[PDB]
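Figure: L-thyroxine in its bound pose on TTR ancestor.
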Amino acid sequence: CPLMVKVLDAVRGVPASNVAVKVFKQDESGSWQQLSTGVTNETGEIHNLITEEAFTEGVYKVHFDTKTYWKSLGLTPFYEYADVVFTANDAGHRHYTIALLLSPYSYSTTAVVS
Amino acid sequence: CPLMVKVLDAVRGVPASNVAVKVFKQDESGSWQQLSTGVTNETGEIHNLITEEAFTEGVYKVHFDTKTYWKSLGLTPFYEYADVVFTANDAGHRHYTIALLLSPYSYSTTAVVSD
Amino acid sequence: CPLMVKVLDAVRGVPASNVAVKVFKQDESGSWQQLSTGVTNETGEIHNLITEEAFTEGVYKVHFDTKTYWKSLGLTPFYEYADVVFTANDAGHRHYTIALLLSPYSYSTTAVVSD
Amino acid sequence: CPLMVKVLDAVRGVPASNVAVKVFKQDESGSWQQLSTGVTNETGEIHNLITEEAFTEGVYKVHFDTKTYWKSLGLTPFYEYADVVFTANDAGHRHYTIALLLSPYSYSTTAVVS
Ligand SMILES: N[C@@H](Cc1cc(I)c(Oc2cc(I)c(O)c(I)c2)c(I)c1)C(=O)O
Ligand SMILES: N[C@@H](Cc1cc(I)c(Oc2cc(I)c(O)c(I)c2)c(I)c1)C(=O)O
């Protein structure tokens, strides 16, 4: 799995489950094309988010619906969502983890590339 | 000033100056209309980004060109940029600060909302 | 003011007011000598924590009582407190801001150093 | 393993290896007693950091020597180290992960409790 996510809830101290995620890749044109969609599991992760074959060199957007997550907890969210945008495999085929830490009025993201 | 930014550099321990910022408001179609531009100053801030008159209820995107910032320092950035998207002024007029902390492979953002 | 703090609440989107802060300096023995105290104000800051005269070269601990803060809000905190420890003024006199972002099960701290 | 760590390098996008870690528990007296020491591996983790038997209810300090880590990379560190202090098992025996994200002038820590 060359593209992984790990989402954590900074308020409750647990992984953030049921967070809807979409993966897009930017066109030759420059438009975003949706490649996959999934929902985080109990460990805040998504298995098989993208195949090695579909995950080619280019610019990617990983979109997290953080707003619905906080509404499901009865907390007021500030952000509409969190998008993370990066170039992948520009200098070779690697594995990427997009880590995302959530609070109602803050989020942090870090990329681990191997 | 109802919309403020504060940008910090976690590698150097200084405010991130000369970061290009753009502010957009989503129209009903879903497209983004640019309403502001600026570049952070030596304290990582931008004065007079938008007026109260322009800053009406809606969905906003604050776009930070973090890639150009790190490249100017000779560092290899991971992200293309950082966008921060939120609904504003939907429960009355408020003031907002979008704070952004930058490292080449990480960023954090926090919102402070006051009345 | 050579030592400033800025404390924010990531749950509520407001500065974290009424947070008790203490500043210590390590002596040669390794024990900690208290030099300052304060409580954050409505913007999450403390004025006049220490003077330039007192703030000499050494190792400092800035101690934030984050547990009392979250308990006052009815929230269950994980940490007993947050300490931030660093060497100051070892390459000349500088000014420091210790920024601290709080959630019940997480915190982030960033230092801004100027001359 | 009831007490785990996960340390990441926000500058390089890799787990932070070779970070020295000490685990202390506070005395009845109130003094810190060292229970264990280890060093993060290539995935930023430490196996067998503490046994289930030694990890009893009380107040813990997990100490990370972040200063030597940044010096090993040739970057100037601001902090002397990062200490994370918390009560464990006050309401039952659980597993704890202390996650720690490092930059030369910033760090973030989050606790995941299961
Ligand atoms: N166990 C799996 C999944 C996993 C990946 C990461 I990357 C991680 O590390 C962090 C650190 C911080 I600080 C965060 O705020 C967040 I979100 C994730 C953690 I815990 C777990 C693995 O090792 O691949
Ligand atoms: N002096 C001005 C500007 C200012 C706002 C904030 I909001 C702030 O706080 C943080 C805290 C953390 I942690 C960050 O990573 C970042 I970026 C900013 C700081 I320092 C300064 C004011 O009070 O409005």
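Numbers restart at 1 for each chain; the letters A, B, ... are given by sequence-line order, proteins then strands. In what follows, every heavy atom counts, from backbone to side chain, and hydrogens, waters and symmetry copies are set aside. Whatever order the structure lists them in is the order used to number ligands and atoms, beginning at 1.
- Other chains contributing a heavy atom less than 4.0 Å from an atom of L-thyroxine (ligand 1): A, D.
- Defined by non-hydrogen atoms within 4.0 Å, the binding site of L-thyroxine (ligand 1) is A/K6, A/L8, A/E45, A/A99, A/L100, A/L101, A/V112, D/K6, D/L8, D/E45, D/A99, D/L100, D/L101.
- Closer than 4.0 Å to L-thyroxine (ligand 1) lie no other ligands or ions.
- In terms of protein heavy-atom proximity, atom 22 (C) of L-thyroxine (ligand 1) is closest to D/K6 NZ, 4.3 Å.
- When distances from atom 24 (O) of L-thyroxine (ligand 1) to the protein are checked, no heavy atom turns up under 4.0 Å.
- Ligand-side atoms of L-thyroxine (ligand 1) in range of A/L100: 17 (I), range being under 4.0 angstrom from any heavy atom.
- Counting protein heavy atoms only, atom 16 (C) of L-thyroxine (ligand 1) is closest to A/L8 CD1, 3.5 Å.
- The A/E45 neighbourhood of L-thyroxine (ligand 1) comprises atoms 2 (C), 3 (C), with distances under 4.0 Å to a heavy atom of that residue.
- Of all atoms in L-thyroxine (ligand 1), listed by their number and element, those nearer than 4.0 Å to a heavy atom of A/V112 are 7 (I).
- Heavy-atom proximity to D/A99, at under 4.0 Å, picks out these atoms of L-thyroxine (ligand 1): 11 (C), 12 (C), 13 (I).
- In summary, the atoms of L-thyroxine (ligand 1) found under 4.0 Å from a heavy atom of D/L101, numbered by their order in the structure, are 13 (I).
- Every N/O-N/O distance between D/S108 and L-thyroxine (ligand 1) stays at or above 3.5 Å.
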